[PDB]
A.B. asks: 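Sending over a structure with tobramycin; questions below.
The sequence lines are lettered as chains in the order written, beginning with A. Chain A is numbered as in the PDB entry, which gives 3-51, 56-402 for the residues shown. Numbers in chain B track the PDB entry; the residues on display, in order, are 3-51, 56-402. The numbering of chain C matches the PDB entry: 3-51, 56-402, in order. The residues of chain D that appear here are 3-51, 56-402 by the PDB entry count, in order. Whatever order the structure lists ligands and atoms in, that order sets their numbers, starting from 1. The displayed model is a subset of the deposited entry, and contacts were enumerated within the subset. The basis for the numbers below is simple: all heavy atoms, side chains too, and nothing from hydrogens, waters or symmetry mates.
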4 protein chains.
Amino acid sequence: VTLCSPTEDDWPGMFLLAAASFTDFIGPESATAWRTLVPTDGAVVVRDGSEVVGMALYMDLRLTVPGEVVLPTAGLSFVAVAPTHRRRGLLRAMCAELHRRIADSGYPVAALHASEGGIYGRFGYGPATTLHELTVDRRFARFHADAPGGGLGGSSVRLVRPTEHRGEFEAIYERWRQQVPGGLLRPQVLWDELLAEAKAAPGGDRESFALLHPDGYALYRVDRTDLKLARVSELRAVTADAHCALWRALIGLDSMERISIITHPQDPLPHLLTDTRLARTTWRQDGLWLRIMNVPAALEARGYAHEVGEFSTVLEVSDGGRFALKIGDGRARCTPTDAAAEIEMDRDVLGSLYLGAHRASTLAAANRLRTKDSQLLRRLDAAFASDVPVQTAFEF
Amino acid sequence: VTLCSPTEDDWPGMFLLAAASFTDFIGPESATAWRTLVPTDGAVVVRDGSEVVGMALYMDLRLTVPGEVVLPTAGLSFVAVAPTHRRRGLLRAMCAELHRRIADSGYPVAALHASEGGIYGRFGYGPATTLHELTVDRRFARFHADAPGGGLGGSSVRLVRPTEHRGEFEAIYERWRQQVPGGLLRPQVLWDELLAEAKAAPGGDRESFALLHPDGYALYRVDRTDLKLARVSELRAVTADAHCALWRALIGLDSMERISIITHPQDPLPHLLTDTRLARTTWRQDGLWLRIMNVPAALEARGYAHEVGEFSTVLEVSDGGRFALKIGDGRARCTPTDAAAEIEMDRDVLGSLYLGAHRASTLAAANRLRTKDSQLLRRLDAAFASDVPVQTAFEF
Amino acid sequence: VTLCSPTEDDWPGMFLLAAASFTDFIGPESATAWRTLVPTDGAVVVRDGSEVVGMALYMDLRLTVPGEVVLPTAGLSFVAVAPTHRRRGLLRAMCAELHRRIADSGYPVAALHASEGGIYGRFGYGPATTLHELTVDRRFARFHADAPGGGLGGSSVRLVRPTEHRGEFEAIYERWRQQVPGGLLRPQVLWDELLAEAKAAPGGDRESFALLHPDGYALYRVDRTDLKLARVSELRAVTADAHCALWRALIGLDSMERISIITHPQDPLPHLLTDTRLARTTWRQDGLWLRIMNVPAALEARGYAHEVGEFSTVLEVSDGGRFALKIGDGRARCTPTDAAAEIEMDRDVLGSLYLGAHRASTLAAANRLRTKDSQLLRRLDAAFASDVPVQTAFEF
Amino acid sequence: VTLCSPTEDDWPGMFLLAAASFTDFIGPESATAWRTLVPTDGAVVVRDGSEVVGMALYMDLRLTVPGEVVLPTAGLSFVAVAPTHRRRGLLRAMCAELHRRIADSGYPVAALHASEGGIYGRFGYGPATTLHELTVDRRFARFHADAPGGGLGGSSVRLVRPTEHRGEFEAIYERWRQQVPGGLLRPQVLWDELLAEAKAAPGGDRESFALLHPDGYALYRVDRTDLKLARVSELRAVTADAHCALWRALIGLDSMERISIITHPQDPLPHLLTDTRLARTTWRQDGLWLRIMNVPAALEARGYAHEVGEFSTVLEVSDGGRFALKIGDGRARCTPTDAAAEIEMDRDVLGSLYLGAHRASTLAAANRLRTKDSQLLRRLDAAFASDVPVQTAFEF
Ligand SMILES: CC(C)(COP(=O)(O)OP(=O)(O)OC[C@H]1O[C@@H](n2cnc3c(N)ncnc32)[C@H](O)[C@@H]1OP(=O)(O)O)[C@@H](O)C(=O)NCCC(=O)NCCS
Ligand SMILES: CC(C)(COP(=O)(O)OP(=O)(O)OC[C@H]1O[C@@H](n2cnc3c(N)ncnc32)[C@H](O)[C@@H]1OP(=O)(O)O)[C@@H](O)C(=O)NCCC(=O)NCCS
Ligand SMILES: CC(C)(COP(=O)(O)OP(=O)(O)OC[C@H]1O[C@@H](n2cnc3c(N)ncnc32)[C@H](O)[C@@H]1OP(=O)(O)O)[C@@H](O)C(=O)NCCC(=O)NCCS
Ligand SMILES: CC(C)(COP(=O)(O)OP(=O)(O)OC[C@H]1O[C@@H](n2cnc3c(N)ncnc32)[C@H](O)[C@@H]1OP(=O)(O)O)[C@@H](O)C(=O)NCCC(=O)NCCS
Ligand SMILES: NC[C@H]1O[C@H](O[C@H]2[C@H](O)[C@@H](O[C@H]3O[C@H](CO)[C@@H](O)[C@H](N)[C@H]3O)[C@H](N)C[C@@H]2N)[C@H](N)C[C@@H]1O
Ligand SMILES: NC[C@H]1O[C@H](O[C@H]2[C@H](O)[C@@H](O[C@H]3O[C@H](CO)[C@@H](O)[C@H](N)[C@H]3O)[C@H](N)C[C@@H]2N)[C@H](N)C[C@@H]1O
């Protein structure tokens, strides 16, 4: 039982572990298209002797952080251990090895989508974003008088087939993912897989449809079993007008009873209607997890709030070291130090705070970050707060 | 069809309307005990001729706003129109007559709990707090190493009967309601009714039990049909230690599978556990609704964030007039004016912003509040943000 | 095992059988009030030897048949055989004995409400009325432009306590039950029990409410578990304006989501709304069962349609004999004969046709009534067709 | 916003609008086969400017009315508007244009199947047939002694594969559709679609089977998820003997617990069983909708009841003129007039009455048809009543 990099002979064996560990595994076909994003020396395997019984890999992704700064991010995926080799310490060996490779490759941050909220708590990964499923009873849904595009006249939204307007979607998404914190770059290979999942599979999902705006798009599909529910798989909108214009079209679906969308907590849809409660939050869960690899490099690259007063403090990470942090006028200075620490927090506590979805005061009451200065807490709350609402791009 | 104040002969007719309109009507018995909080001329009735076919009233309450300031608040309750006289315009007359009396009684703000999120949107009421039902699978629940009171020793929490410790609960709640925004003063009569609902009703609710801490308490009861669920009806905790100590006791219930609590979104519970995903938000809804009656009086009495630069702007309320606002050092200056306005919003929009549950940027994207200056928006978001997270006190 | 009339000592044993056989047994308390409607030698018991192990009785009722004629009707009720003595022939012995007593007392017709549609098919009882449960989604419900009382002004419907208006309910019901086919007389003892079932029972049903009109009333209650459903237990309307005005009030219950009512197939409610489909038929079942005791007495006393041409024919009942029937201008002559039979049907087939709920053409297609004259068949459909729609009064 | 006839270049765009608006859309393949029934200039489209956003068409169909007379009927189908162009008045323009085209082609009546019972209420369409689902628990279902084919002997029903016996099915249906009111002519192209849906689709419906009587056929299939329910999609029987013969076969399916069938209210199935209540009506809805295009041409071509006295009256339609009607001996005379009106009804009210599914007394109670003569009402009920029970043919 040892650890090494995989070969071409290992890939048929890696699909077998994937299909048995992941129920939503996209088959042996699509995993090759996802492989084009995995860099060389970006995957680890464990053999027994010998059959492959452990695997874990990261992808080269581009995550947008607050202040429209794009960071190279290691996207952890395909992390699976055979049921016959658990409790031994294969995950502990694989994840510790990959982080060593991620740190050598020069990645400031590492990210993943968790299957459970307890596996990746100690590994330094913290829930950085929040998924927020909204379900709208569209039969009662009526827009507020203040909602944009209230008058009569040719609406700027069109009902189009998703595969026939690909070039337009790639352009809109690119404009979205650069200005919205949490946005990820979608390469050519990922549009290939997303657009192939739009056509109706025999015995699977229904045919997807698209609503097209010059500054946004809605990618929806009717549920296979619930023929009265339209499930919006994707909603990208650049302008505030584009968001409202796409929803007037979505509630326009007179064939449907309900419209469901997995979105972000600060979605302005509830206020867009007369009855705010008609946009019910049916489901809430953490989305994208973050592990800050390079502490000073990640904190400096992020954009902060201009509203907060200029302050300086010494921050301590569990086993990441001790860092001096200077925040003022939107930008931050971060350099390694050894002066007396004011705030003490674990590696995963910084992960949650980074994108600004979780307040430090909330984590302080939970005693996840410790400080004797209560005024410093109020300043970290304001400084880490993102100007543009945090969103989850896509699952990987 | 005429509107007037109720006499002693009207109450028997009023209880008829109340029982036919509200399914959870406490009965003609308990409604008289709730009446002791309604001031003279604080109720209105509509008769047909003659039987009463429309009623509305408010209660004298004390709401705590950001900055530990306690405001006199009109608590709109018992608002019902007979099913034989709907679409006739009885509510429009009654609510207008009560607001008149509320303004003449010098109340800065009015408050209610909505049965539907669309009825009171036009009357100036906006969702001021947010409810957040957390269901924790306690079997999988394990506390984080950072959680307070992690070591062994005699726990300061006791399992006591709620009716036998009334003096302690009243003392703890009074401390809680004064320091937490959204907190309401609970008089002698409401404590009488709360403890009356603790005892198990024949064929109804089960017997309530209490967990008592020197600085907090937990009121819970087993669900009538779900024998494995413990429903925490009330959780009040003054100190950060008390919150954690009470939750160790609640997860200590080895008889139960799940512990459910209706709380606020900023609850530190999920971070207390090793698995944050175990504290599942099963239900989300608006709680307390607010209508600002006296605009300058309400805004000046409120405490604001220090972590924002001093600014001044002219705010306009759709039909409430025009006001100049100066925010600096956590306090605000507000007086009526007629100089050009920089921000335009409806009366209900201010209600949502007041306690600081909703951000101004979110309402701006929904075009509920309008401005040309985007810098002002960022400042309004930070200034209105509550330091101590907002909580819903009780339902009325 | 012997059959005889019951004494005073038998009653405590009868209530044991009733409680063990009927789930909705009103207890030993209320069954004594129902006993005041059972005439002397109108009840039979079967003892073992000695304990009572079989019971059956009939009540002196007054059924209104087409043409506003009221016939004294024996109402079979409390028919139960102990589980320890079934498949023995106790029911066949009891029912034959009661049919002897009914015919000796001189009742033209016999009536019951069946627990299964197969037990009383052989005994001569046929499904005489059809129950029709309509559940209306009142949130979507909007009245048609042609619906009576569709303007502004004081509505003539009141929301009242049912127990405080007994005098008016009895008066309206009496006017209703006399003009509507299938209507039964309700004695003082039954109004006693009806109003006693209106009050809220601890762990049972909720408090019942009433909507009163000069020419009609509606008794409704919110379901014990479904707090968004209001069940109309009773809707007596004399005039067409009363029916419409009560349904404006019923849909006026803004507290509820759905209004359910068990009524008749010829209810004008669906056409009273803009969308006829909003009044969905959620449940269909047979109501009152009818067995003609005296074939010539019943057919003569009934009222027939004036539209059909005058015809004379000979009909035969399987074991009831052969009768010549002369139908012309509302009234009919029925005298026993030995001439050639043109129509042949079982005793229960006449029972179904009598009130005019089931057409003869439907039974002829099923071969329940036989004839070689198809022109005679069309004349039977028109003649037995009730001018005023057939309704079920109350269950017994 | 322009309305015109569709070209060949419009069809790919029309399929997109069809698939998005209809969930049960038969795909771009099958819609071409249905288009062989759409006559030249029998379709309309609305373009934006240009993309097609509104569409509506009618099919050349042959409906059988009471009296075995077959009328050419325009079958409205594919009527849909884009979700981006609703509340604009596209349906009002399209339907009015088609009604203008239908009248020019010389059609007496127009027909459709509605998605909601409120959209086509004002356009002149009324519920003309009634759907009636019956779920029979075949485990308890035992046939009555009077039911045809009682004793032993070789049954004249066979279990056959539907695709191998196309010739007989077309022969039986043609006999059925000509003698039964509501019967539609099913051309060569529609039998292609019906038999193509018989084969088991991967992940969809299961293999369809057929029961063949020389005078009737039964098309059934086991439900996708409910492996104990046999869904009878089609039951056509010419003789009353065949109807009973097929049901002995259907209840013969010992693999099933329940047999469901969407039929008509006057189905003689319950009277075939010893327990009439085993044939439970689980579902009840309106079927075919009829708009009378030519008032005198349709009324004269219909067969009326012989069992009614001869009468003459003047009928009006709100905005469709005034007509003199004379009914006697089964046939009617109708010519446009301007003499004082006796009966006043909307255009859709006549549609409901025409096929004889809805009684005039019920519609007069709901004030949908007004007359001061109550005697005239009783005669309209008897005259319009169809001798042969009305049935829904197929869904279009
Ligand atoms: C695959 C995998 C992580 C388990 O491998 P494993 O061999 O049990 O992991 P290890 O033995 O190295 O465990 C190391 C630590 O992680 C924790 N851990 C591992 N799997 C866990 C799980 N499913 N839930 C909670 N904690 C887990 C253990 O508590 C352990 O702590 P310790 O060091 O104090 O003993 C595990 O998640 C699994 O089997 N899941 C199914 C496949 C899957 O869906 N993967 C997740 C993709 S995001
Ligand atoms: C009680 C009550 C307001 C009904 O009275 P009503 O006579 O319909 O009220 P009015 O006719 O004065 O309504 C005036 C306006 O309020 C709106 N409105 C009133 N009740 C409403 C409801 N239940 N939902 C949505 N909007 C409502 C109407 O749209 C109307 O607008 P308009 O002025 O443009 O016509 C109504 O809320 C009700 O019946 N609710 C059930 C009883 C209850 O539980 N009370 C509410 C507790 S929050
Ligand atoms: C009460 C009662 C009928 C049972 O008595 P029993 O001794 O089984 O009746 P018998 O043996 O005299 O049955 C005589 C005939 O009636 C029929 N019958 C009796 N009970 C029946 C039932 N529950 N369902 C269908 N048919 C029944 C039998 O087919 C039998 O026919 P047969 O003479 O060809 O054998 C029976 O219905 C029962 O026990 N029900 C529970 C109490 C109850 O609810 N009463 C009925 C209210 S309508
Ligand atoms: C197709 C269609 C009716 C939408 O068109 P539309 O542009 O909204 O119709 P219009 O704006 O011309 O509406 C005209 C009238 O019809 C009524 N109406 C339109 N759609 C309606 C619906 N879904 N339900 C009830 N009423 C409706 C409106 O009340 C309006 O009345 P008004 O003249 O008093 O304002 C609509 O049914 C739809 O979008 N559904 C999806 C496709 C479908 O299923 N069609 C029905 C096939 S049978
Ligand atoms: N317009 C504001 C409305 O507020 C209240 O409704 C509210 C009820 O009062 C609430 O009931 C609560 O308050 C009542 C007393 O009013 C208590 O008896 C009960 N235990 C408690 O749950 C219930 N939980 C929610 C409901 N919206 C008033 N009853 C009616 C009034 O019209
Ligand atoms: N063979 C005819 C049978 O009719 C009745 O059953 C019927 C019950 O009497 C009915 O109960 C009704 O009648 C009883 C009184 O009999 C009322 O107390 C009750 N509120 C009311 O619902 C109930 N709704 C239906 C049931 N089939 C008799 N109880 C028993 C008798 O054998």
A.B. asks: I need every copy of tobramycin for my figure - which ligands or chains are they?
C.D. replies: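 All copies: ligands 5 and 6.
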A.B. asks: In this entry, what is the main binding partner of tobramycin (ligand 6), named as in the PDB entry?
C.D. replies: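 The main binding partner here is Enhanced intracellular survival protein.
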A.B. asks: Help me out: which other chains have any heavy atom nearer than 4.0 Å to tobramycin (ligand 6)?
C.D. replies: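 Heavy-atom contacts come from C.
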A.B. asks: Which other ligands or ions, by number and name, fall under 4.0 Å from tobramycin (ligand 6)?
C.D. replies: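 Found: ligand 3 (coenzyme A).
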A.B. asks: Extract the source organism of chain C from the PDB entry.
C.D. replies: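 Going by the PDB entry, Mycobacterium tuberculosis.
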A.B. asks: Which residues and nucleotides contact tobramycin (ligand 6) at a heavy-atom distance below 4.0 Å?
C.D. replies: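 Going by non-hydrogen atoms, it's C:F24, C:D26, C:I28, C:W36, C:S83, C:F84, C:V85, C:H119, C:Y126, C:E203, C:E401, C:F402.
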